[PDB]
Undergrad: 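Next up is a structure, given as C-alpha cells.
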Amino acid sequence: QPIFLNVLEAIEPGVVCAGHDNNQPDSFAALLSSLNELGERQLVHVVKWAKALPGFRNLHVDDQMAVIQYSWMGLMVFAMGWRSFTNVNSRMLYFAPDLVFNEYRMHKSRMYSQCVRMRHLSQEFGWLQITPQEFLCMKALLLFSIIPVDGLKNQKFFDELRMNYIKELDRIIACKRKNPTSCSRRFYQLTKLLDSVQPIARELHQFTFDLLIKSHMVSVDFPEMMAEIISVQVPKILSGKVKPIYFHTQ
Ligand SMILES: Cc1ccc(OCCn2c(SCCOc3ccccc3)nc3ccccc32)cc1
Ligand SMILES: C[C@]12CC[C@H]3[C@@H](CCC4=CC(=O)CC[C@@]43C)[C@@H]1CC[C@@H]2O
C-alpha cells in the first residue's frame, strides 16, 4: 500500500465554480473578469492543497508563500488541461463547469493562441495515456518548478523536497513494468510534458500582466489577491528574477 499516492489523492481539490453569469453575451470584459474571479477562488484551494502536501510545511514560511505565488499559473493550467481531457475529450477548455470555452469564447477572450496552446497540452494527456497517478505526481512536482535565480530563504530544504517528488514520480512510473527501455522512454516523456507547461504559463503571465496594466481602460476587474500577485510577483518572473526549473534545455 502506497502512502504517498493516498495523500495526493486525498488532498486533491474538488470542483471550483467560476461564478460566471452564462446569461451574459460572451464579451471580453466579462469572460476576463470571470477568469480573474476563477483565479482568486482557485488560489485559496491551491494554498490549502499545497499546505497539506507531504514535506511542505518543512519549507520556511515565507518560501512557502513564495513558491505558491510563482507557481500558481503552471498548476492551474495543468489541472485545467486535465479537467478538459477527462470531461470534454479535450475539444473545449473546461475552466469550470459554469465556464467552458468554445471556439467562439477563445476568440472573444482575445487570447486565442494561448487557448490553442492550453488545448494542445490538454491533448497530450490523451496522446501519452497519462494515468491519474502520473497526473497527480506531475502536478505536485509543478509546485517546485519555479524559483528566484538567487535562491530561496531555505533553498536546501527546497532542493531536498523537490528531489523527493522527482523520485516519487519515478516510483509511480516504475512499480508496474518489465522491459528496460520502457521506463526510460516514459520518464523522458513526462519530464518533457512537465517542461512544456512553462512557456504556456509564461505567455499567460505576459498576458494577464498586460491586462492588469490596462484594466481601467478595458473594464476588466481583478480581485484583491490576483491584483497584488500580478503586480508584485508576476513582474519578478517577466523580468527574469524568478525562473522556471527545466529538466532539459529548450
Ligand atoms: C506535514 C509533513 C510531515 C512530515 C514531513 O516530512 C518530510 C518528508 N519529505 C521530504 S523532506 C524535506 C526536506 O527538508 C528537510 C526538513 C527537515 C529535516 C531535513 C530536511 N521530502 C519529501 C518528498 C515526498 C514526501 C515526503 C517528503 C513533511 C510534511
Ligand atoms: C490569469 C487569467 C485569470 C486566471 C486564469 C488564467 C488562465 C489559466 C487559468 C486556468 C484555470 O483553470 C483557473 C484560472 C486561470 C489561472 C487567465 C489568463 C488571463 C487572466 O488574467
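Chain A is numbered as in the PDB entry; the shown residues are, in order, 670-919. Just so you know, ligand 1 is whichever comes first in the structure, and atom 1 is the first atom listed for that ligand.
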Undergrad: Of zardaverine, testosterone, tapinarof, which one is modeled at ligand 2?
TA: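 It is testosterone.
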Undergrad: Give the name, as used in UniProt, of the chain with the most heavy-atom contacts to testosterone (ligand 2).
TA: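 Chief contact partner: Androgen receptor.
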Undergrad: Define the binding site of testosterone (ligand 2) with a non-hydrogen cut-off of 4.0 Å.
TA: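 The heavy-atom site around testosterone (ligand 2) is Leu701, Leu704, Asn705, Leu707, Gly708, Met742, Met745, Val746, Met749, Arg752, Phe764, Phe876, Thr877, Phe891, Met895.
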Undergrad: Establish whether atom 20 (C) of testosterone (ligand 2) and some protein heavy atom are separated by less than 4.0 angstrom.
TA: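 Yes, there is a protein heavy atom closer to it than 4.0 Å.
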Undergrad: Can you tell me which residue and heavy atom of the protein come closest to atom 2 (C) of testosterone (ligand 2), and the distance to 0.1 Å?
TA: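 Residue, atom and distance for the closest contact: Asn705 OD1, 4.0 Å.
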Undergrad: Could an N or O of testosterone (ligand 2) be found under 3.5 Å from any N or O of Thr877, whether backbone or side chain?
TA: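 Yes.
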Undergrad: Please state which protein non-hydrogen atom is closest to atom 6 (C) of testosterone (ligand 2) and give its distance, to 0.1 Å?
TA: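 Its nearest protein heavy-atom neighbour is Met742 SD, 4.3 Å.
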Undergrad: Just need the protein heavy atom nearest to atom 5 (C) of testosterone (ligand 2), so name the residue and atom and give the distance.
TA: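 Answer for atom 5 (C) of testosterone (ligand 2): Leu704 O, 4.1 Å.
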Undergrad: Could you tell me which atoms of testosterone (ligand 2), counted from 1 in the order shown, lie closer than 4.0 angstrom to a heavy atom of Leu707?
TA: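 By the 4.0 Å cutoff, the relevant atoms are 13 (C).
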Undergrad: With heavy-atom distances below 4.0 Å as the criterion, list the atoms of testosterone (ligand 2) near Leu701.
TA: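 What qualifies from testosterone (ligand 2) is 19 (C), 20 (C).
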Undergrad: Please report which non-hydrogen protein atom sits nearest to atom 8 (C) of testosterone (ligand 2), along with the residue it belongs to and the distance in Å to one decimal place.
TA: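 Looking only at protein heavy atoms, the one closest to atom 8 (C) of testosterone (ligand 2) is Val746 CG2, 3.9 Å.
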Undergrad: Got a sec? Which UniProt domain of chain A does most of the touching around testosterone (ligand 2)?
TA: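 In chain A, it is the UniProt domain NR LBD.
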Undergrad: UniProt 17beta-hydroxy-5alpha-androstan-3-one-binding residues in chain A with a heavy atom under 4.0 Å from testosterone (ligand 2)?
TA: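 Heavy-atom check against UniProt gives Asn705, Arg752, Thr877.
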Undergrad: Could you tell me, atom by atom, which parts of testosterone (ligand 2) come under 4.0 Å of a heavy atom of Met749?
TA: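 Contacts of testosterone (ligand 2) toward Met749, numbered from 1: 12 (O).
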Undergrad: Note the single closest protein heavy atom to atom 16 (C) of testosterone (ligand 2), along with its residue, its atom name and the distance in Å.
TA: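 Its nearest protein heavy-atom neighbour is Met745 SD, 3.7 Å.
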Undergrad: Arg752 to testosterone (ligand 2): N or O pair under 3.5 Å?
TA: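 Yes.
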Undergrad: Starting from atom 7 (C) of testosterone (ligand 2), which protein heavy atom do you reach first, and at what distance in Å?
TA: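 Ranking protein heavy atoms by distance from atom 7 (C) of testosterone (ligand 2), first comes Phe764 CE2, 4.1 Å.
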